[PDB]
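Drug present: fluconazole.
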Amino acid sequence: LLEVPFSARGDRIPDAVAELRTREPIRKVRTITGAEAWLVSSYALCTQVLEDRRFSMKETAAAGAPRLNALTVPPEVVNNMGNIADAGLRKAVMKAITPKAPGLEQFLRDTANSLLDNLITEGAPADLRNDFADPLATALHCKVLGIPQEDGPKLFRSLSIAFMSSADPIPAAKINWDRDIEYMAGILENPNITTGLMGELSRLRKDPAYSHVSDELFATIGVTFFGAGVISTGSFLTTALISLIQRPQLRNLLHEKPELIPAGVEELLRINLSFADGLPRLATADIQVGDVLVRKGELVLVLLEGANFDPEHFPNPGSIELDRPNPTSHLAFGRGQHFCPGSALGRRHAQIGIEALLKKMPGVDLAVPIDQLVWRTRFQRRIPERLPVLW
Ligand code: HEM
Ligand SMILES: OC(Cn1cncn1)(Cn1cncn1)c1ccc(F)cc1F
């Protein structure tokens, strides 16, 4: 059986995706747990799966379900956004994680420029992952959640294990989770926390209307959104920076015309290889997908770069084009029921980070050969451990 994932490299799509997409856009594969799954790799079939609610995210956590990887969190964390809705906490979460919050844009700006000024002061080479993108992501999310900036680095520490993509259960993941939860639970009891998502969650927790809502859930929300948001924005910006560095005339164009930076980031999103695995769903019924009858109880993996590099939807898919007619129609944020609630913020993080970097380091380039980057393995994202650059 063809094994997944194909490659841990986040800088280059494997040739085998284009071949697999045309001939077998749904194809049986084996996951690292040894489970069988259906890998879907065309825009047509990927959208089908994500729009069909009978292909369930929640049910991937069912006992004895075939698994893409080992659970690193309680089985109910996989249903976090549903739980959030059922508790009536939805539009509050959404309010907290909008990039439009007064002062947030300028905070991101000033934070980005300050990180860059420190790198320019220290001298090249600079590691843009550990000393720019990830610290930017972490700073942002502390702001968003209303927790102290100095607390960011320690919560960040859990993510190299929390977002592993493991064949086997991970002892450390439970230890870290319990500790982070305990942390968030204290944050909720802290009267000084009056801003951001945790400032809100804290005041809803006092109101007896929300007596039905557990303390586990409130604290879980904080841990979940921090980790998910920090890993995704930090990881996406890092590999987006590589794509940009490798396209000097695009780098030059955006530096000259910063108004095109949103169009550039949308393209960088479309071609991004940050998700290491397809998005998993469990079929809750027998459902036809292309030439395959997917059976109740079976795992399906939605390969985002399958869809995103599909020439049937995106002409010249390997090329970054700033004048595409339907540019936001990629699947980098998913589709349907579980479309990323952080997508607006994820955009602005990348847009502002890139704008800062292009202005401070207009001559940015890799300071090592591309084949020297060390790609993290058995992780839910594809990222280089370090991104050395000069300017
Ligand atoms: C460039 C940045 C980001 C990317 C590429 C990204 C990607 C994704 C994708 C592909 C999904 C759908 C997963 C699926 O359907 O199985 C998703 C869902 C989700 N994202 Fe993001 N995300 C990003 C930023 C963020 C941020 C900033 C946050 C929170 C602050 C966040 C929180 C979430 C949550 C809670 C879900 C689950 C939604 C649900 O189940 O209804 N993401 N994200
Ligand atoms: O954070 C996850 C996964 N995820 C991150 N982006 C898109 N999906 C769960 N997770 C898996 N390993 C560690 N954490 C998550 C977050 C919220 C949610 F509602 C579901 C969900 F699977």
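Residues take their numbers from the sequence shown, with the count starting at 1. All ligand and atom numbering here is 1-based and tracks the order in the structure. FYI, side chains are in, hydrogens and waters are out, and symmetry mates aren't considered; it's all heavy atoms of this structure.
Taking every instance into account, the structure holds fluconazole at ligand 2. Here, the main chain in contact with fluconazole is recorded in UniProt as Mycocyclosin synthase. Inside a 4.0 Å radius of atom 9 (C) of fluconazole there is not any protein heavy atom.
Taking every non-hydrogen atom of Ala162 and a distance limit under 4.0 Å, the qualifying atoms of fluconazole come out as 12 (N), 13 (C). The option with the heavy atom closest to atom 5 (C) of fluconazole, from among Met164, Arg381, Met57, is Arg381.
Of the protein's non-hydrogen atoms, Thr224 CG2, 3.6 Å is the one closest to atom 17 (C) of fluconazole.
Considering only non-hydrogen protein atoms, atom 19 (F) of fluconazole sits nearest to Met81 N, 3.2 Å.
Close to fluconazole: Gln380, with a non-hydrogen atom less than 4.0 angstrom away.
Residues of chain A that UniProt annotates as binding heme and that have a non-hydrogen atom under 4.0 Å from fluconazole: none. Residue-ligand proximity, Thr72 to fluconazole, at heavy-atom distances under 4.0 Å covers atoms 12 (N), 13 (C).
In terms of protein heavy atoms, atom 2 (C) of fluconazole is closest to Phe163 CE2, 4.6 Å. Counted by heavy atoms under 4.0 Å from fluconazole, the UniProt substrate-binding residues of chain A that qualify: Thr72, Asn80, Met81, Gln380. Taking a distance limit of 4.0 Å, we find that atom 15 (C) of fluconazole is approached by no protein heavy atom. Nearest non-hydrogen protein atom to atom 20 (C) of fluconazole is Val78 O, 3.5 Å. The shell of residues around fluconazole (heavy atoms under 4.0 Å) is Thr72, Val73, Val77, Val78, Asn80, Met81, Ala162, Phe163, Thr224, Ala228, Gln380, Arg381.
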